[PDB]
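By convention in this document, chain letters (A, B, ...) are assigned in the order of the sequence lines, proteins followed by strands, and residues within each chain are numbered from 1. Method reported for this entry: X-ray crystallography, 2.5 Å.
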Amino acid sequence: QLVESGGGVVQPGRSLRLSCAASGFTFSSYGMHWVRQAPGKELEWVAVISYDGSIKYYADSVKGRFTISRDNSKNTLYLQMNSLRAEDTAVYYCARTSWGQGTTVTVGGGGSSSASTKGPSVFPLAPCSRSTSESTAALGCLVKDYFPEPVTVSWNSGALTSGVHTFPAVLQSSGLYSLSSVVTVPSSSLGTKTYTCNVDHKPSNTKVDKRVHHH
Amino acid sequence: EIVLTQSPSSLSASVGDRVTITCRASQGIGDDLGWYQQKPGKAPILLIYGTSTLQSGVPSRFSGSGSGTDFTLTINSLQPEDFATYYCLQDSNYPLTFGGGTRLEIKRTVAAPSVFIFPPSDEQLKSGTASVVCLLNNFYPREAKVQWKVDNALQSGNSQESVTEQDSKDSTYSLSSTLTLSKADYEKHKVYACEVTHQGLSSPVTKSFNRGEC
């Protein structure tokens, strides 16, 4: 059993130390690896340490900034990350040469300098007019400008789940996240039935209900 | 460093098919290549190591072959749980390097998207930004083309796309394209249009709206 810990939101140029607690085997006789995975990207090997800690290797993208270490009497692997860049944002796993479930590291003070956590603005997605001929219409909520991940979206307090699509968030140029949640409903129901999206962003303790109409 | 070229980056298949995934090393690595499998939100799992040696607990329908430069992962009689992303890893030297990855998804009948267009809300406009949203609903295959036109001027570099995971019940995808403008830039133009090209459409489909008519 390998459990990673220490991940969190960090500002660029600052540091952060990740830990990897090992259990269920002889940690002292096996080499250890740090691997990372950026969002939407493949796996990237970060570092390796030998069983006795004598041999260490790094990836050149992190050389001089990251430092791998270990304690064989506490059975713990450590990764000290200095001068973090935005490209270091990734899920970090430790692996015995069995993987842990990883810990997420997000570099980017986006949101602002003195309130990195920022709640989202929720805007209705509604058609200009009720389309004739077309029997199905679509509605939604745009969840924009929040940090960090994640947000959850329900519809009608969970009573509406069929046909709901909540898209994965995208990272905007500002460094804030944005997504949309949509639902397909009958055109005869448009303008008469109520359709409310419920957005929850626990990092900022934000709970916003938004009714979707054309105005 | 040794580069592993993985092919293909995406692969469609049916349950019961035999699947082939390849990795080419930029230099000789002997037998020091393995295959991992990964599902969304979970840690990767080592399927094969030493080119051909299978890991314990992995079904015998997974097999591995290779010389010293070209390597192949083969999945016989594809099962529903085998749909995931697969990575090849070399460890003959340092740094350890992975392949680009192969997203293995389930094949289904061609299904055209349902296209909808959404204008920006006035409440967002009052903040200085306008997001125009084009939605492609429940389509297959995943490949599609979405073009924005503002007074028939094709837009480039001002839109972001987002795709859902393959739906667990009907095996389709959905896509959103968000066009971002300033409020001033938005109000200086009239007609906002989204054209969608997809295999399931006999011709590209346009959804548009008119400012001042909305």
Just wondering, what drug is modeled at chains A and B?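 That's CAT-192.
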Entry label for chain A: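 Entry name: CAT192 Fab Heavy chain.
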Return the PDB molecule name for chain B, nothing more.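 The name in the entry is CAT192 Fab Light chain.
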